[PDB]
Undergrad: 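Today's structure: one with resiniferatoxin.
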There are 4 protein chains.
Amino acid sequence: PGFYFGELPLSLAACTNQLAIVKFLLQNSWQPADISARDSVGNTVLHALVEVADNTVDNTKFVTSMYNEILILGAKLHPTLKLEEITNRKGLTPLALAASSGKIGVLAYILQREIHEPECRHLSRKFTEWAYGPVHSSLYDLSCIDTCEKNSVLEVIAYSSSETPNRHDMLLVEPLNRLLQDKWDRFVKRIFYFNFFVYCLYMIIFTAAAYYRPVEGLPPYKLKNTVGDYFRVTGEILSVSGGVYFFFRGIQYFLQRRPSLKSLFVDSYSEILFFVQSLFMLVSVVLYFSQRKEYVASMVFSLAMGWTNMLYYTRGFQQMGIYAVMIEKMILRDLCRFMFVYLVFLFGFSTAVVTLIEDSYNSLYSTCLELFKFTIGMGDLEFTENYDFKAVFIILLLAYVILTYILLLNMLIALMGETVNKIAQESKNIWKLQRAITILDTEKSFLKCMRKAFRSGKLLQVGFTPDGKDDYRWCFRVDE
Amino acid sequence: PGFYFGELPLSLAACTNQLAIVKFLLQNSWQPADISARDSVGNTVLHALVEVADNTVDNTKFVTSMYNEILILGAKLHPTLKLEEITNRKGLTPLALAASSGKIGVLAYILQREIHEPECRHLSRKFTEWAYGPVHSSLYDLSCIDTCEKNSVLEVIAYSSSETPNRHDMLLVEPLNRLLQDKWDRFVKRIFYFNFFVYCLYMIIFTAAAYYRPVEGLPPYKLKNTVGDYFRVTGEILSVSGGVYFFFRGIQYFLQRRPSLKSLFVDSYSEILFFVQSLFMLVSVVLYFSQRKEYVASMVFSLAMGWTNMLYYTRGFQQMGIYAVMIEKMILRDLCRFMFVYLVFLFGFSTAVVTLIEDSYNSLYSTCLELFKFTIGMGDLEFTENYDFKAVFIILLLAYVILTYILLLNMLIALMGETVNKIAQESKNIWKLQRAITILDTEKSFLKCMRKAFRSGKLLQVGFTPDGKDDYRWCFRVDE
Amino acid sequence: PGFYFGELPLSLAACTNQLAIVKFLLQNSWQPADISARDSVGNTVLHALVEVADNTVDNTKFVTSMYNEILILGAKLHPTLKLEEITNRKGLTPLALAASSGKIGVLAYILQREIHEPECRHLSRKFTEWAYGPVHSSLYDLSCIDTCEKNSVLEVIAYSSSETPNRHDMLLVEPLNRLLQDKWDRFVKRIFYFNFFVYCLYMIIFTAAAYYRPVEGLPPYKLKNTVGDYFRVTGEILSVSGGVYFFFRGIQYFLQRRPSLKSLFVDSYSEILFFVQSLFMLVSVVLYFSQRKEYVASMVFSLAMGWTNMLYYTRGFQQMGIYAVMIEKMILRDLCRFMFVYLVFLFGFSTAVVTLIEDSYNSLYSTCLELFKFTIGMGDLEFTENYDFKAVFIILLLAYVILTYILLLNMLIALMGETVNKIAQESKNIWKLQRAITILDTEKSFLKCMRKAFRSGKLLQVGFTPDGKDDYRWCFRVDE
Amino acid sequence: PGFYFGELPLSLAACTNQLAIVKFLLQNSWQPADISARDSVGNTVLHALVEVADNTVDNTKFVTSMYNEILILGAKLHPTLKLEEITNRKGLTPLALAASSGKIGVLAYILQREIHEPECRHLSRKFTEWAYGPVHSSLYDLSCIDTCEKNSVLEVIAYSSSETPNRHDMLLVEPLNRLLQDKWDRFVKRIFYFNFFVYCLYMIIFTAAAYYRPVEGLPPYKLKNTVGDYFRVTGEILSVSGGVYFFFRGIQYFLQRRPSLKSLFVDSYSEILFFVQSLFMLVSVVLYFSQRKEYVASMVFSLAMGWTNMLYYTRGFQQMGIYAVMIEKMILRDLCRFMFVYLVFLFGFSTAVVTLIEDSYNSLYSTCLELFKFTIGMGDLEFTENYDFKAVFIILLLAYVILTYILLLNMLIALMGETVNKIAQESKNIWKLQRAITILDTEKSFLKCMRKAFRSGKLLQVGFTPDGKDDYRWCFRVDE
Ligand SMILES: C=C(C)[C@]12C[C@@H](C)[C@@]34O[C@](Cc5ccccc5)(O[C@@H]1[C@@H]3C=C(COC(=O)Cc1ccc(O)c(OC)c1)C[C@]1(O)C(=O)C(C)=C[C@@H]41)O2
Ligand SMILES: C=C(C)[C@]12C[C@@H](C)[C@@]34O[C@](Cc5ccccc5)(O[C@@H]1[C@@H]3C=C(COC(=O)Cc1ccc(O)c(OC)c1)C[C@]1(O)C(=O)C(C)=C[C@@H]41)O2
């Protein structure tokens, strides 16, 4: 049991689409409609009527009409008090809550509503200046999207923990899509490409420095005044510098976002991979000054990861990022599934073969390798000669080949085909979301105290305030 | 010739959906309706009502309406006796018959009917306790589902011999789905995982014991007081103990179910595989004490099967269970086809090549192998030098390679693509059924004389019987 | 030029769906309708009504209704003579013309007529004997199907030259489907399986005889009285006997059907393959007695073909026959398409590599082979050492490998996938047609002067002729 | 700001679909509608009403109806001058603009428009001569298709820079499709096949000449009077002649068309490939007379390209052209995506392995090769023995193999599958366009001052001029 009816029937009325109670509570001498007071849980009716939504057509029309009517009534009953600005216990506005919960219909309303009545046109979002046949030039005077100073809308959407059912669908709406596209086109694109080029130089320097490590053992290695040593040690210093930089940026990301440790591996994939690179790099430098030879064994892993992480920058090239996301999705969702099956078969037949033949392929490891080799097309079928029960041996090997090489790999290919069909359209939206989070971090860091990235301007766009004062809302024009 | 009209026109009325005869026969002074007496073949009219169904929309409405009307009239005319409780020649109730024959519409009715009338409301199934806007709390008086003591519904569905057209679709209805989900969530899950862990330890012990068999010939091998021999012989005793355990459980499964020996290989797949493992294990121990060297040959097959059978426990993880099911389907129904085609090609070209070249690759076996190799990417195209008719030889080999390696394997990949596409959604229902049968065996065995797994309780929820007595039905709540 | 207005307005009326002209021309005192007289090209109006059909819904209803009306009127005006039995210049009845042209709508009508009037219901096809609610037991008096003694319907459909747009679709209609199914179930199945077993013994004997050919040269080989020679020569005699038998079978097929030499390779596939086997076998006999050693070079090509032709008998096992059909389709229509491209690439890069490197891989043949090997996963990339322009060499080889191994073969796999998707349903109908042809030849040959394979009997089922005589039509009962 | 209201509201009526304004402006005594005068940008209202089109159903009907009305009014008010003939600043007619911009609806109308009114029927396109029930014989009097003397519509469609949304759909309309089919059937097909055969002889001669280059160094090589040298030098002269011919033809293509240097690789693929062949050929002859041995390194590339370019002639065989075009698409669109990913992985693990193991495989090149080999199924997993950190080495190699061989290549196969499915239909229209461009170039060149390839003739089929004169328009008959 339990609901928000208690001490607040308006919430239940709006949930129930029974607007008569809502209009009845307005100004009754028995008891007026106190929409403006917050409930015990901290939220308001404007948040409750957001909770009802489920994005379906009938629910969309119900909740949209209910919200618009309730908002107009709030405006006319209490012109001295705004309702959309009142935050809940956590801090979310109805805009913020609808975004966080992934209520695409209510979002579509909140960023596109319009008024054709006097003394309340401050509630409209869309405004028109030029009106031609094929095309119109409308304007959005949205705030609380670029920098709301509590939680910007894009911060709420981009950093959701993948639990929002419309995690990446809502960003396709025009009032956000055009903003992201413009932010990309104006200044973010140059910063991002510059970062890409800087990283590529970083990996080239790291590869060159590592490849020319001095071959004698027992580090550290005394430097000579010759030029090769200045180049090498400079390359090393640049390499470790890059590593520690990534370490700090990774930890800053984690402390700011703090995902749930189950989302940590199914989101924030890129940050953990970069962080792990930096961890290997720092373990390497630690072992390097520790007078151990083993540091190279760590360095290469960073190197091996470093080049691979270059795929992170394929976001920013849609035609290629749409490919690059496939590896993330398959390595996360499909590799564990396949690898358990494959390791079961490999271990089963490998133990059978290795226990069968005993008196050079007498280890379990060597035979695990030899039966792995049938998956890369180098099995030989005669890796042992003059051994007992050879008929049984060959039956086992051919059973293995038929099982894994002929069937299981082909099952893998077919399943990847089906999954690729099932994510034909999803990957594009994932790419757009990846561009969005790229843009957000780009704006957040900004590298040089430069913040001149506002919308089309703070002009007196509306001029119909309920007070006699003037509006300033950083408006933004769209040629529809 | 012949029909079911004889001495029962009500079956014809249902076949034509002519309801007037029902009410006409109801209480006619010439002869009333004797609903309560059984037919000559043992069954009742309500069973005939079940047989007529075909799960389609119009047939569903016709059969549902006629069934409900007949039930109400049976209540009104003969309140002293129940009709659903009367069994047929085999023992099935209309519930049980509808389940066994796969009559999903009538099943959906029987467990979801409702009454809004006095003195017959005991016939209602669904009941309501709380009624909110978005959610309602309903209640079912499900009985004769968990343990009806003649034919439980789950017993009938789970153990159908795969001939029921809706074999796995019946379990999707709420009154069964929620029961299975709760039984899984409550206590079955821990028992199943415990079994899984126990089996994994079993296979580890078996592998370790077998790998370290003593290398000298002529078993049995005299034990030393050193610790290695105590460990090895203990491992052997545990291994053969597990084998005989599986033997007994397999034979118990067969005697309790007794499938039809055509269903035996397309259902009961897991049981026969475990049974075959145990047979190899027991043959191994028989040969072991028989002073035979070749017990190894029977050991390893069990070992090789043992690890493979671990995929049985992949039911229990849906995201992996469907994958293991796909492998089962491909090995069962698709392999025989391809293997016949492939063996025809391999044998044709192998016997042609071996008869061509004669004066080391002169056996049919060696050449069968050499041409098999072209599938796994290790054919050489020059495995013979200085032999007659080399042009003809090479034409044959290239014809073979073009035929099988280039085309037939690609035909296999494409066909697996179509089949995987065609069973993407069926496998989910197969997994759910494979969990249902697991749950049923879990309840049946219960390991420790613990049976406290009943539904929400036998409280006097309804109490609206035409007699003054009370209801005790092991209720069950659903948060709709 | 040329049209249907000339001296036959009835065909034009049919083209225009205007029955008024038909009834007016029917029995006018100025001139009645001479429907029964044949046109100058040999055909009648009933054949014209077939020509106008195009299998669409509206065309179906138009042609069906107008045909029925015209036929009833022809019966009423001229009860002394039948109209459907009058043949055209070639010999086809309207049933035969509709079948040969592939007019599925008219075919469905003509075999399923029904009349509820006296003195004309002799023209109906379907008759009812038992009438229950869900099932009825009807009968067809259909003749001119099994043996019409001029051109049976099944002969017309089965032996069409693949130009019929509904070549295999029309056999799904019940009056033919049930006939074929019963003919299969009754006696054909045993003959077919017997043939299959006989052929399998034939190939086993041939393989054994060929494998043990005497190894010395210069045939023929003098026989010894020892048992091995009696077995070998008996096997040889059986082998050649089988070859010549197939030779006669193939030539009889060609002379009876006489396809068009463009249909010859896209239909009659199985017959030409068996014929080619027999040709190689007879060539081997000729060379054998010609004191040539190279007879073996022909014998193996029979042997290699012989085993492969066993796939012909997969018709008769639907689940496997469909798969063999898919292989036939691919090897016919996709292999030329692919192999042109592949041979172009192989020849281009092979001649480039061979002209590049000159001073053991210096022949065009050896290099054609070496670059072929990259398809089967055995290319080495260093098959030449110490040769000029090695950079150019390696660029060419890697260009080749990237082109064919990585891209072309994967593209072949993808296109086979799409084609397989596009023929999922066609192949089933091809299988049914193949079984139909099997049945027809089985009935035609009949092996022992046994022809007791008629339909349900010539009983006087209808007996409502406009004359006082009785009906004898070899009826056939169907329990619908 | 800015809009085309100024001094021409007729275009605004057209884009607003308000016939009142255009009818009122038509012939008002205050001011008529001066349709015939060009606007400031050079175009007329007939072009404006094309500009607003968007090929949708409603837009199609609006623009079609209004265009027809405007033309009729032009006929009635201004019979002294035609309006469709007035060209814009560039020179396009309304049909030319509709085609160039890809306006399939208006393009379909404007070539098919018909009038059932006297004194203006001269403006119709379609005319009917024979009228049968199932068939009709219509005629098109279209001009400005074969030779417009400014720009034919086929030149407009064929040479669009791939940016037109209906690039290849416009050729599906009857007056163009039938015309192209007939042009192909009449005389073009023999010319094309003759060209194909000539080219095949050219490549055979080139291959033979190059293969038999004299093996001694230091070209040029003194000729002997023996026949082999006359054959070789003649082959060389023919080869270089072919090369220079292609050079001139390619540069003529570029200068006539002059694409945009971004479409230069998106279209004109075939021409640039042939041109590149000729460039390699000319570099080869330059180096040949330059007394350099390196000329062979250029020769082979031409040879290697030469054979490959034979796929250009696979247009002309539709059943194979659809395959060659898909190869072109994959090499252009999919190779860059995959090759970046693959090269990143190959380079990352190659540099990791090569820096790990140092003391023969110490080069980055050799290891880059060795890890490339794992794609073609010849990796060994033990290409180094007795090296430090072998556990780390093997972990890296197996990580590489699992990453690329097992996953990346299979994902490539699946992605090619989805892409080829998404272009199942587009390849057909691409082939038809590729034949259209062939036909147009064939007519342009014509090889021998032969131009007798007009339409069905200048018959006086219309004869409904507002003057008393006759129509001569090179008509063309279509038997619908
Ligand atoms: C059906 C039977 C009786 C079966 C028994 C043996 C002979 C088997 O080969 C087959 C046929 C075969 C032969 C060679 C290659 C593949 C398949 O499939 C199984 C049988 C099948 C397998 C593979 O089995 C599986 O798919 C695992 C599995 C998947 C899903 C399940 O629900 C499951 O139930 C326990 C088991 C492994 C073998 O037992 C094995 O290790 C050896 C040596 C042969 C395999 O015969
Ligand atoms: C169509 C003809 C005349 C054909 C005859 C020979 C040369 C053939 O190669 C082909 C072309 C070819 C060549 C190399 C590889 C594949 C195909 O296909 C068959 C022909 C085809 C095959 C494969 O045939 C089949 O698909 C079996 C089959 C399937 C379905 C059937 O209905 C069927 O009817 C009997 C046979 C085997 C060969 O006869 C053979 O063993 C050799 C040495 C070459 C094969 O030419």
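Chains: A, B, ... assigned top-down by sequence line. Numbering of chain A is taken from the PDB entry, so the residues present carry the numbers 243-601, 626-746, in order. Residue numbering for chain B follows the PDB entry, covering 243-601, 626-746 in order. Chain C uses the PDB entry numbers throughout; the residues present, in order, are 243-601, 626-746. Residue numbering for chain D follows the PDB entry; the residues present correspond to positions 243-601, 626-746, in that order. Side chains are part of it too, since the values below use all heavy atoms of this structure and drop only hydrogens, waters and symmetry mates. Ligands are counted one by one from 1 in listed order, and the atoms in each one are counted from 1 as well.
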Undergrad: Tell me which other chains have a heavy atom under 4.0 Å from resiniferatoxin (ligand 1).
TA: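 Counting heavy atoms only, the chains are A, B.
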Undergrad: Residue and atom of the covalent bond to resiniferatoxin (ligand 1), if one is modeled?
TA: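 No covalent bond is modeled.
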Undergrad: Tell me which transmembrane segments of chain B, counted from the N terminus as in UniProt, lie closer than 4.0 Å to resiniferatoxin (ligand 1) in heavy-atom terms.
TA: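 Non-hydrogen atoms under 4.0 Å from resiniferatoxin (ligand 1) turn up, by UniProt numbering, in 3, 4, 5.
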